[PDB]
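Read the structure below first, then the notes.
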Amino acid sequence: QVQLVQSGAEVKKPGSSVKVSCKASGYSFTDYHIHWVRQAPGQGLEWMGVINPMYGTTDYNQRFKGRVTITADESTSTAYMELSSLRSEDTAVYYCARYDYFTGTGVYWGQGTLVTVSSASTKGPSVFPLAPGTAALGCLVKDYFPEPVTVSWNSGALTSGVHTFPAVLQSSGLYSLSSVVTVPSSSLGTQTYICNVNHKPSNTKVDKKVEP
Amino acid sequence: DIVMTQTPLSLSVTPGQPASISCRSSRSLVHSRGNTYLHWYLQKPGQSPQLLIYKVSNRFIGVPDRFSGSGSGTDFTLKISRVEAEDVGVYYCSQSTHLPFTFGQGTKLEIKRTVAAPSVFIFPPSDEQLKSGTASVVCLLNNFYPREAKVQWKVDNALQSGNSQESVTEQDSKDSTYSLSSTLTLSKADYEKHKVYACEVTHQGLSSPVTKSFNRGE
């Protein structure tokens, strides 16, 4: 199947440079153009540029004024996007998309990479249980930076009735979020309700047991 | 650069009813004979944009006949006949005729389902968190409609202000409801000064406010 897998999220100091990778698989890499499109939080889609990996030829959106460099490596089937002189305005989810001439557009997209342009240090989250007919339980994921944190239930198995709330920025300048799961009472003793938290910028991986 | 004007910016739609989104470009998107590079994407919350329609009216793999695109030159329209729960998300129109490629500002599609009352749950802070010197009390409002709701924190029947934060999920793709969390943050010391922690929920789907509470120590 056609898949574009991007590199992990990260905080970058203002003025510095970030390089985002995009690993393509399930097709012949040099046959298709790879485009880069960004999305500032709560905002729209902004096209940044293109590379033809067959020739290494590029086209960039003029507004970036040479800050963008898109490259490709056929040995690894990996396209990269480098954005220099990082502005607080460059805080966005960066996407790579595979374009083709039968549609004329981006069909297969990567999962996106949130690059946060801040001066604040990387902080790993603390994870706490939200212990309980129909029952509710969850996980409080507190004091992390930057965004995002991903949460899964029962080692990545459960997804039905799983509400992972958007994070809130605290007065402290640290994020916090909760993940809840509306399960039955009978099942509370049967299955060990594991909350799997992952914060890719700090390599934290936490599995906290939620028991009454 | 070609400006893509999408209208309306938001839309509320009843299940089984049609919807229509319009895109207008600053210049013609005609590339050559039989080729207009105007596409439509749906982006469901926290997901990547997914192609629905390319080149004005072509439907992508798996895209149902309910989604139809039309138009020509500078004026185009996406139409959904029989809007379903799964159609919630943000719609974007795209042009790939002239560089730089441009997108519409997006159109948020919200479903207008029946009134659904929230199921309220309260969670006390964990002993493990208390060891850190802070207490987070959480109140969960699960699967409700509409989004509007009032959450009041009461500690020993005293009404709280300025010490709580809320978060609301986007509309659910299956039941079209919302979920909300309210977090009351107190120091370990202040938390220990009280017995009853309660969360009062006001919502259109509730005849009288619903209260869920716990006694600290139990």
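Here is how names work: the chains are called A, B, and so on, in the same order as the sequence lines, proteins then strands, and each is numbered from 1. Structure method, as recorded: X-ray crystallography, 2.1 Å.
- The molecule at chains A and B is the drug named ixekizumab.
- The entry lists chain A as Fab Heavy Chain.
- PDB entry name of chain B: Fab Light Chain.
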